[PDB]
Structure formats: structure tokens, C-alpha cells
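In this structure, silmitasertib is found bound to Casein kinase II subunit alpha'.
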Amino acid sequence: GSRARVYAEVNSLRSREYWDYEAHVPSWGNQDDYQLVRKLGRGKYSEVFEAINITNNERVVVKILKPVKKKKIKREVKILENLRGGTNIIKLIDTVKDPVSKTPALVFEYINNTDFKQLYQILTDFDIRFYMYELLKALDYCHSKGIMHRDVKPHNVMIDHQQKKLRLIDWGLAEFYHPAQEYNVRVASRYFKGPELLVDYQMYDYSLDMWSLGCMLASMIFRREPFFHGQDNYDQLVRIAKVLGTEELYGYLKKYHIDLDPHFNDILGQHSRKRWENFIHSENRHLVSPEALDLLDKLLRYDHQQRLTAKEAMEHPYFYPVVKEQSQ
Ligand SMILES: O=C(O)c1ccc2c(c1)nc(Nc1cccc(Cl)c1)c1ccncc12
Ligand SMILES: [Cl-]
Ligand SMILES: [Cl-]
């Protein structure tokens with residue numbers, strides 16, 4: 001019976017065409033205008049290349065979509081359309097097809113990013129505040145647009161640390177939020193899955209993304225990446241419970257009438273809730289402050305309803321130094 005505290009009805013207040021992505025008819029341009037220069041990587045249903053638009057010499061990336069996944073292609077395309085111009089959202093430049101095979105591809109702006117494993121060990125206190133604030137702008141925007149990203153993780157938060165640019169990428173798992181809708185829990189990377197996913201609670205909302213963001217914040221301020229390093233989905237919840245506590249987990253389950261898979265009985269143990277200060281030591285103390293811990297404590301909560309919204313997080317004192325610099 002759970003619903004989002006913010007933007008709950010926003011899709012129902014829009015035209016059906018906004019959210020009815022199965023009815024969306026993309027305009028497919030011609031991929032022949034793009035020259036592929038380098039393969040960047042591959043996902044389950046996609047492959048990304050650096051490319052040049054031969055008509056204007058612009059560097060872009062091209063994400064070729066395994067064509068069988070028709071509904072999921074329309075979903076990602078419609079979501080990106082709806083997010084057009086959103087702050088710190090990766091810009092979709094065009095939707096194209098190989099004109100012979102008809103295989104579809106998405107063309108995005110190119111971001112010259114610093115890979116996160118290297119970047120996160122050199123961030124300053126101000127840097128973390130700045131980049132988290134910029135990521136929150138993207139999440140507040142997509143949530144306000146009725147969309148849950150559902151795959152927030154370091155790889156999907158591209159950061160150009162020279163130009164101070166951030167983009168939230170890979171909307172392939174994103175979905176429209178509708179009150180009382182039950183969603184597939186097989187979303188997000190293991191380390192970024194909220195407890196709701198790990199306990200099979202399907203009536204989740206935008207607040208899933210705020211758990212994932214909290215995991216990223218913890219990894220940055222404490223220099224433990226990923227912060228909750230489970231070996232599988234069961235162990236992931238155990239790792240969370242060793243920090244947030246087991247009695248606190250059971251109170252969450254009871255509130256939402258959540259059934260707990262009995263395999264957990266043999267592995268959860270009994271764990272006190274830990275103080276966040278327990279994670280401080282000489283290597284991270286310059287990144288941790290009372291305001292960072294207060295914010296983190298309000299994000300990494302079992303109860304998805306009680307987590308801060310992206311807006312509430314942006315309003316937190318931890319970001320005041322960023323707001324002050326962005327106005328002065
Ligand atoms: O899916 C998107 O929305 C998406 C959108 C933009 C980028 C992307 C994925 N992946 C990139 N790089 C990358 C690096 C390693 C593996 C893979 Cl598969 C991709 C990349 C690089 C530079 N500029 C934009 C992007
Ligand atoms: Cl779903
Ligand atoms: Cl721990």
C-alpha cells in the first residue's frame with residue numbers, strides 16, 4: 001500500500017501519450033551519418049561506441065540496441081524524449097537505424113569522463129558535495145518527470161573532472177512510476193540494490209534511487225567502494241543489516257507486511273545498528289563531517305518512505321557550501 005511521498009500522481013496528471021511508451025513511434029534517422037571510432041563496451045542488450053558525426057565532425061557515442069527488445073527500446077527512447085533538456089541527464093542527440101538491417105541505435109553526447117575507480121580516491125570534501133549535488137539535480141529532475149532510473153551506480157554517473165561536468169547515463173532500466181504499480185525487483189547493480197529489492201517488495205518508487213545515491217555517498221566520504229559489497233543478493237542484505245541492524249530490518253518488514261525468504265534465516269544473524277562514525281579513520285576523516293553523516297543517515301534507511309527525497313537531500317546543509325559557490 002506504499003506510495004511515493006513526492007510526484008506520486010504526476011504521470012496520471014499528464015496525457016496518456018507521455019507514459020504509454022508502447023504506443024510511442026520514434027522517428028528513426030540514418031546511422032550512416034556516424035563513423036564508429038572505438039568500442040567502449042557492451043551490456044546485456046547494447047553495445048556502445050565512440051563515434052564521429054561525419055556531417056558536423058562532432059564526437060558522440062552510439063549505443064546499438066539488440067533489436068529483439070522492442071518494448072524496452074520504446075521505453076528507453078520515450079523516457080529520454082521526456083527528459084529532454086533535463087539538468088545533468090545525458091543528452092540524446094538522435095534515434096537512428098542502420099538503413100538496411102533496421103537495427104536501432106541511440107546517439108548521445110560524448111562525455112570525457114574520469115573513470116570512477118581512479119576519481120573517487122582523489123575527491124576532496126568540496127568535490128564530493130559538488131558532484132553529489134549535481135547528481136541530485138538529475139534525480140530530482142527525472143523523479144519530477146515521473147521516472148525512476150533504477151540503475152544508479154558509479155559507472156552510470158559520468159564525471160568529467162576537468163570541465164566539472166556530470167551526466168546520469170543508461171536509462172535502459174528506467175521506468176515510469178504509477179501509484180500502487182508492482183515493479184520487477186531485478187533492477188540495479190547488486191551493490192546498489194535497495195533493501196526493498198532484496199526482500200522482493202515490488203511496490204517501490206523513486207526512493208529506490210535515493211538508496212543507491214546514499215550508497216555512492218558512503219563510498220565517497222568513507223573511501224570504501226562499493227560500500228556494501230555483497231557476494232550475491234542474499235549476502236547483500238546481510239552486509240546492509242550488519243550496518244543498519246537486524247531489529248531495524250524486522251521493523252521495516254513488519255510495517256509493509258513483507259515476507260522474508262526463509263533462506264535468510266540461516267545467514268542474517270543478530271546485528272546492532274552501527275554508528276556511522278565507526279567508518280571514520282585517518283584515511284577518510286577529511287571527507288567526513290557531522291553534516292555528511294546526518295545526510296547519509298537519512299538516505300541509507302530501510303524504510304524507503306522515510307528516505308529523503310532528491311529535493312530534501314539537495315536542501316540539506318551538507319550542500320550549503322555548493323549553493324553558496326554557485327550563487328557568488
Ligand atoms: O547508455 C547510455 O545512456 C550511455 C550514454 C553515454 C555514454 C555511455 C552510455 N557510455 C559511455 N562509455 C562506456 C564505457 C564503458 C562501457 C560502456 Cl558500455 C560505455 C560513454 C562514454 C562517453 N560519453 C558518453 C557515454
Ligand atoms: Cl518493472
Ligand atoms: Cl561493514
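In what follows, residues are counted from 1 in the order of the sequence shown. So how was this one determined? The header says X-ray crystallography, 1.0 Å. Note that ligands are numbered from 1 as they come in the structure, with each ligand's atoms numbered from 1 the same way.
- Within the model, the positions assigned to silmitasertib, copies included, correspond to ligand 1.
- Defined by non-hydrogen atoms within 4.0 Å, the binding site of silmitasertib is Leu40, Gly41, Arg42, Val48, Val61, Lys63, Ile90, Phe108, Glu109, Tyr110, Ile111, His155, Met158, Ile169, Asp170.
- Ranking the protein heavy atoms by distance from atom 21 (C) of silmitasertib puts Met158 CE, 3.4 Å first.
- Atoms of silmitasertib found under 4.0 Å from any heavy atom of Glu109 (numbered from 1 in listed order, with element): 23 (N), 24 (C).
- In summary, the atoms of silmitasertib found under 4.0 Å from a heavy atom of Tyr110, numbered by their order in the structure, are 22 (C), 23 (N).
- Given atom 18 (Cl) of silmitasertib, the protein heavy atom at minimum distance is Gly41 C, 3.4 Å.
- The protein heavy-atom contact nearest to atom 3 (O) of silmitasertib is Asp170 N, 2.9 Å.
- Inclusion of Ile111 in the set of residues having an N or O under 3.5 Å from an N or O of silmitasertib is warranted.
- Other ligands and ions less than 4.0 Å away from silmitasertib are, by number and name, none.
- Organism of origin for chain A, per the PDB: Homo sapiens.
- Atom 12 (N) of silmitasertib has as its closest protein heavy atom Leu40 CD1, 3.6 Å.
- Interface atoms of silmitasertib facing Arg42, defined by a heavy-atom separation under 4.0 Å, are 18 (Cl).
- Judged by heavy-atom distance, the UniProt ATP-binding residues in chain A that approach silmitasertib within 4.0 Å amount to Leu40, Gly41, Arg42, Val48, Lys63.
- When only non-hydrogen protein atoms are considered, atom 9 (C) of silmitasertib lies nearest to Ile169 CD1, 3.6 Å.
- The contact set between silmitasertib and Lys63, taken as ligand atoms under 4.0 Å from a residue heavy atom, comprises 1 (O), 2 (C), 3 (O).
- Against a heavy-atom cut-off of under 4.0 Å, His155 is close to the following atoms of silmitasertib: 14 (C), 15 (C), 16 (C).
- Between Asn113 and silmitasertib, a contact under 3.5 Å exists for no N or O pair.
- For silmitasertib, the main contacting UniProt domain of chain A is Protein kinase.
- The nearest UniProt-listed active-site residue of chain A with respect to silmitasertib, heavy-atom distance given to 1 Å, is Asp151, 9 Å.
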